[PDB]
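Have a look at the structure below before the remarks.
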Amino acid sequence: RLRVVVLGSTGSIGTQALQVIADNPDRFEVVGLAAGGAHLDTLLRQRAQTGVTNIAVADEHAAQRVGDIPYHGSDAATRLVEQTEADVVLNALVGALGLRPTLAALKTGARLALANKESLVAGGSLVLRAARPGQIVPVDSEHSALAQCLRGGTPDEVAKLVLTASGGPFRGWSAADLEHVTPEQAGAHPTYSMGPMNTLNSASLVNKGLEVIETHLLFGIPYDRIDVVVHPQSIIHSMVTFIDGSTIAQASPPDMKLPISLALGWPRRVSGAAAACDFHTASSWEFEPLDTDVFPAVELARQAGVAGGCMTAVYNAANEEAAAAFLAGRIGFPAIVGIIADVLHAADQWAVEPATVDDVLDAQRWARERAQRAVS
Amino acid sequence: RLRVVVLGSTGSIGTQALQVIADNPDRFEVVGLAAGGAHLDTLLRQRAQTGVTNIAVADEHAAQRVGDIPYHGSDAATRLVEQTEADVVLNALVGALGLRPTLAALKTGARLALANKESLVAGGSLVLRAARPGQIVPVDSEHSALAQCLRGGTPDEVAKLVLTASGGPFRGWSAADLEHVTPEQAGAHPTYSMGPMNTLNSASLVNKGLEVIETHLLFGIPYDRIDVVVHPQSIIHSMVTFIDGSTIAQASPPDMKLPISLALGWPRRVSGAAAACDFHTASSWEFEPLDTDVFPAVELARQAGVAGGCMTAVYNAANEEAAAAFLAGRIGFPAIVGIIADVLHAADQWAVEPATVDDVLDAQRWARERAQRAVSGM
Ligand SMILES: NC(=O)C1=CN([C@@H]2O[C@H](COP(=O)(O)OP(=O)(O)OC[C@H]3O[C@@H](n4cnc5c(N)ncnc54)[C@H](OP(=O)(O)O)[C@@H]3O)[C@@H](O)[C@H]2O)C=CC1
Ligand SMILES: NC(=O)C1=CN([C@@H]2O[C@H](COP(=O)(O)OP(=O)(O)OC[C@H]3O[C@@H](n4cnc5c(N)ncnc54)[C@H](OP(=O)(O)O)[C@@H]3O)[C@@H](O)[C@H]2O)C=CC1
Ligand SMILES: O=CN(O)CCCP(=O)(O)O
Ligand SMILES: O=CN(O)CCCP(=O)(O)O
Ligand SMILES: [Mn+2]
Ligand SMILES: [Mn+2]
């Protein structure tokens, strides 16, 4: 029975994870929860249902309202990870703020079931140096797919890793069409129900950019051998092409419970985690290229990744600041990626490899401040 | 450098295999060829291109025209296999006549790269009992796909095997429409260029039936956990569904050189064997149910397989006889599968495991006579 800490338990991934665990008592047990404090009703229900009071709440006043909270403050999640015996830490926090808990999870020796891609993108080589082989297991569906498909050959036989992208609500739209996009319109993802950040990032295509960096970091494949194809149904979750011309693909109706279940149970599958494809009804899986002129977020992510060092932290931190500005009505939708480009292209000093967490934090601070100057 | 014997070298698969070997002289060497004698100019070219004089030709007269052929007559292919040192025998013969070469190959201890699915369908447990694990490696694209996708879990984690079928030229047709099918129409496959028999069988859906039996025999998955789905593009070659709900699929533009190369090179992939999927232009992969009312060949294959023993030899033999009658204008297209069903339903005695090859041969003889009896009544 694996002991699981769930960071960001009240969120989209976190709540789906608690459901998988609730359905599988003989294999998993919750031993800790962390949240921000914005959803106390959810947190209350989760405390009662799991019987776990080992909980972190970032916001101090929220922690007082809910009562009986052992860790509060901006370091509460990190402290929780440091002070809880666990076999798996499921990091489902949102944003680069997942960085210290990610580093702490790796130091404990526990498996890190990583949903919080921003922590790996920001940490880069610093997070890789803190992990042992196989210690980080991806929850993100593309990387879960890739890990499964890589069982299909030897390392020297892999040609390309191919990520699928839904294309978002604005698939096929012109650059001009993006001008008057509202937060409401950006909020309507075609295939997944998610928190507001991954929703916005999937609309701007920054999510797929983050995922290209995540792919390079997790699997050690060169950027030039990572492809991205737009697949509107989000049924094929990604695929691997081998040197003989064969492709192996992983597929299922979009439901994050499946990759969540596998990250927890790895390498053993979890019976009944999610519905399989049903071929008793006619259907079709479509594929099309991404228009890189309209959506250059992925090319920008490749540029950031190839530069390496703290540049991937810069890419993500510029996004976090610019996205927030869009959500607040201070900038238009195209300015999100426009600001990322501007910040990235001014960031040559950050191509250096981080020695400690503080180097990544510095790079992020620099990027946010510059993005903020672009906004105003 | 693997020494390969290529049976059925002048055919669709055989010619494609020779090209893969030609393109990869560091990996493979042809050391034997077998053919029927119908394509002599092809065989002349192959002898010259490979430098191999170690050749079997089934038709004696044909063998004379080629000249200098060491093995000739109906057992020529089998004798070639028994007397040629090799690492891999690629059996790309067509029909149940591939049975004795398949058994002889297994006995040599060499890998059997099996394109000739009929020999396994006919031999059933007899062929399985002749083989060691990994010794039979499928050239058939569906089974090559399944083999690859099965690397994606442990055996108890497998829920279903899902085979794709092109649907053939008559996909979507009614039973009434099928009555009017000509041999010429049934010779036009949507996705693969093949010899006449697999082309016909893919149009009648008997090919998918044979492949369902082949799946059960190769992988040990029960018939009721083998699905078939119609996929008109033939890009996804087959898929495995696991107990968590995950499906793993193998895909490529249809090109038999890919599964041929893998079967020869197993478990090592052959660089550059075939083109990969390209996503630079918009495309669609479609799936739809098979119309089992109009096309019961797969259901009848399951029935035969479930019955077991010699019943799968009966299924295939009834098809070979009925198929040839349709080609000769002796019956209409729907009567192919109609005769298969009639023969199967009278075949209760053949649901016993074959002890020897002769048991299989007896069941096949019985089945052909029964099919001919049905044919002569039409
Ligand atoms: N949702 C999805 O399907 C997918 C998500 N991902 C990735 O998984 C991660 C989680 O995303 P998602 O579940 O959508 O996010 P949500 O916004 O739904 O959830 C965020 C979680 O983090 C908590 N949180 C927010 N700020 C803080 C803080 N300062 N300290 C501690 N906890 C905090 C929230 O708690 P509260 O709200 O209670 O304050 C909530 O539990 C993201 O990295 C995302 O990119 C990846 C692929 C798919
Ligand atoms: N073609 C394809 O893409 C696929 C084929 N297969 C299977 O592979 C096998 C071969 O199919 P395919 O290549 O299309 O068939 P073809 O009809 O194209 O080739 C048949 C081959 O067998 C030879 N042959 C015929 N009779 C005899 C005999 N009595 N003794 C020795 N050789 C003989 C023929 O020689 P000749 O013509 O010179 O007399 C020819 O070389 C079949 O079992 C088929 O179902 C499976 C999947 C795909
Ligand atoms: O793994 C699942 N997701 O990343 C949800 C977002 C999918 P998209 O970025 O392709 O729209
Ligand atoms: O493996 C390849 N084939 O069997 C070619 C026939 C394809 P079909 O039976 O699905 O039409
Ligand atoms: Mn993802
Ligand atoms: Mn086939």
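The sequence lines are taken in order and lettered A, B, and onward as chains. Following the PDB entry, chain A residues are numbered 12-387, in order. Going by the PDB entry, the residues shown for chain B are 12-389, listed in order. For ligands, and for the atoms within them, numbers begin at 1 and follow the listed sequence. Computation of the quantities below employed the complete heavy-atom set of this structure, encompassing side-chain atoms and omitting hydrogens, waters and symmetry-equivalent molecules.
The drug or drug candidate found at ligand 4 is fosmidomycin. In the deposited model, the macromolecule with the most close contacts to fosmidomycin (ligand 4) is named by the PDB entry as 1-deoxy-D-xylulose 5-phosphate reductoisomerase. In this entry, the other chains with a heavy atom less than 4.0 Å from fosmidomycin (ligand 4) are B.
For fosmidomycin (ligand 4), the heavy-atom contacts closer than 4.0 Å come from B:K128, B:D151, B:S152, B:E153, B:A176, B:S177, B:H200, B:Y203, B:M205, B:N209, B:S213, B:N218, B:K219, B:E222, B:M267.
Applying the 4.0 Å criterion to heavy atoms of B:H200 picks out, from fosmidomycin (ligand 4), the atoms 7 (C), 8 (P), 11 (O). Among protein heavy atoms, the minimum distance from atom 4 (O) of fosmidomycin (ligand 4) is reached at B:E222 OE2, 2.9 Å. Among protein heavy atoms, atom 2 (C) of fosmidomycin (ligand 4) sits closest to B:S152 OG, 3.2 Å.
Each of the atoms 1 (O), 2 (C), 4 (O) of fosmidomycin (ligand 4) lies under 4.0 Å from some heavy atom of B:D151. Taking a cut-off of under 4.0 Å to the non-hydrogen atoms of B:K219, the atoms of fosmidomycin (ligand 4) that pass are 8 (P), 9 (O), 10 (O). Each of the following atoms of fosmidomycin (ligand 4) lies closer than 4.0 Å to a heavy atom of B:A176: 10 (O). The distance criterion of under 3.5 Å between nitrogen or oxygen atoms is not met by B:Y203 with respect to fosmidomycin (ligand 4). Looking only at protein heavy atoms, the nearest one to atom 6 (C) of fosmidomycin (ligand 4) is B:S213 OG, 3.4 Å. Here is the list of fosmidomycin (ligand 4) atoms found below 4.0 Å of a heavy atom in B:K128: 4 (O). Proximity to B:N218 (heavy-atom distance under 4.0 Å) selects the following atoms of fosmidomycin (ligand 4): 4 (O), 6 (C), 9 (O). Residue B:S245 has no N or O atom closer than 3.5 Å to an N or O atom of fosmidomycin (ligand 4). Fosmidomycin (ligand 4) places these atoms under 4.0 Å from at least one heavy atom of B:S177: 8 (P), 10 (O), 11 (O).
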